[PDB]
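Entry overview - Cholesterol 24-hydroxylase with voriconazole in place.
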Amino acid sequence: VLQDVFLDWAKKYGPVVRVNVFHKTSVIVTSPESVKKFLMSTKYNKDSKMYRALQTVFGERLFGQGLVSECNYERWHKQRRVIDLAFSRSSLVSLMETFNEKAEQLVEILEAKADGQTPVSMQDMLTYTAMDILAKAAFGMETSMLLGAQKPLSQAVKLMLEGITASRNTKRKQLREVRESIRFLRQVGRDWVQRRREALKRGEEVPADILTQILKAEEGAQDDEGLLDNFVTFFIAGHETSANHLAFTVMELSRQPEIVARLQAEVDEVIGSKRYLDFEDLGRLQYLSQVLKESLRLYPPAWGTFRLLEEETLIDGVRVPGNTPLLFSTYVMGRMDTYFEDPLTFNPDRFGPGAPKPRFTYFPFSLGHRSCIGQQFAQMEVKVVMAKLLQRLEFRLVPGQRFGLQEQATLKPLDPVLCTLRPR
Ligand code: HEM
Ligand SMILES: C[C@@H](c1ncncc1F)[C@](O)(Cn1cncn1)c1ccc(F)cc1F
């Protein structure tokens, strides 16, 4: 795991280490005093050199200049202020119905296979769930991958992400398969953009969401190319890392029996046997919130971020040249024994009440102005999904499944989290 190499270099060579990342030179910064300085200021912005390859993948345009890949502060800020409207409190409150429908459906499908003998890929099951949640909450479209639909669309998503893995971490049938998949995603975008425009044209009123603001941001634009970039941006970002985070948690909780019981007890305490989980109930799931926090310390699907150091400056006694990308890693900091006592132990108590919150040593959703706009969206959906699983099902991991990480397009479980299921 490439990130695990950076960890050893940070522990051995100090808080300022020059590295090769995605065949580019960068400097890894691991002091929490330096994490604050660069991530908490508008002065420092993203380095276009590191995000450049994701904008266009294998000669085919992918993320473009969307909310993530746009490194120029001005172009990013204009669209951020518009897209922000889709992530308001009441905007996310209106998405609670969506979070609930999909979690409930996921559980029943798993409940029908719960015999304690039938292997079920939890990585796939959670991916479909995360995909269904996003497609509706963001675009008002149902993909129903959980019900076995949209098989070609999911394949394309997989291949695209493998194409990402081959692009930044460096045979012909794959190249052919990837190029088609990126077109497919953008073609779906065009179709879903046309469905909303036809709905608006025919007089219909549509509920405010993510799609509404990414259309609003590109108002008076010559073409829909920027809108597709933002469509791709959210289709991927709004399901992928949430799917991996869920998969990591389920995998780890298979070997944490004591933790599962208090999770169940809480689930029994606040949500009981109730089918629909309300918004006010989410904030009462404090221990679940803690367990998910620890899961993100050891297994952040997005390991960190890149800032551009424009002028040669001294960081922690080490002088770094200008035009250099600064690498920041919450994965690395999460596993260093100088920030976290006994780093490799899954201990949810780390984030308990009265316990000092990590000070610039833990940033799964990043920090500052370029932090995750979908943080609350994700935290809401993963509480809802996990709470329902804890209500209804007990999981036993299939013998032979490992507990490792694969550094792919994001960080995700090595094995697809195969489990035999049984009712609680
Ligand atoms: C466990 C869940 C997730 C994690 C850990 C995660 C991780 C992150 C991190 C670390 C960043 C910074 C990226 C960078 O600086 O290169 C980010 C930004 C982003 N996230 Fe998330 N995220 C998740 C959930 C979401 C979801 C559900 C959405 C979509 C609804 C979302 C959409 C975005 C977008 C569009 C950006 C760019 C924001 C901006 O720079 O203005 N993510 N994510
Ligand atoms: C994790 C990461 C990612 N996902 C899929 N392929 C490549 C990636 F880098 C992501 O940050 C998305 N993401 C953010 N919050 C949740 N998910 C991202 C970053 C830059 C980008 F140009 C596109 C992009 F999708």
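For this chain, numbers begin at 1 and follow the sequence in order. For ligands, and for the atoms within them, numbers begin at 1 and follow the listed sequence.
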Name each chain or ligand corresponding to voriconazole, including duplicates.
ligand 2
Name every other-chain residue that has a non-hydrogen atom under 4.0 Å from voriconazole.
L54, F63, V68, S69, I236, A237, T241, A302, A409, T410
Using a 4.0 Å cutoff against the non-hydrogen atoms of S69, which atoms of voriconazole qualify?
22 (F)
Atom 7 (C) of voriconazole: protein heavy atom closer than 4.0 Å?
yes
For voriconazole, which atoms have a heavy atom of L54 less than 4.0 angstrom away?
7 (C), 22 (F)
Atoms in voriconazole flagged as close to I236, the criterion being non-hydrogen separation under 4.0 Å:
5 (C)
Chain A: source organism in the PDB
Homo sapiens
Hey, does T410 come in under 3.5 Å of voriconazole, counting only N/O atoms on both sides?
no
Counting non-hydrogen protein atoms only, what is the nearest one to atom 19 (C) of voriconazole? Give residue, atom name and distance.
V68 CG1, 3.3 Å
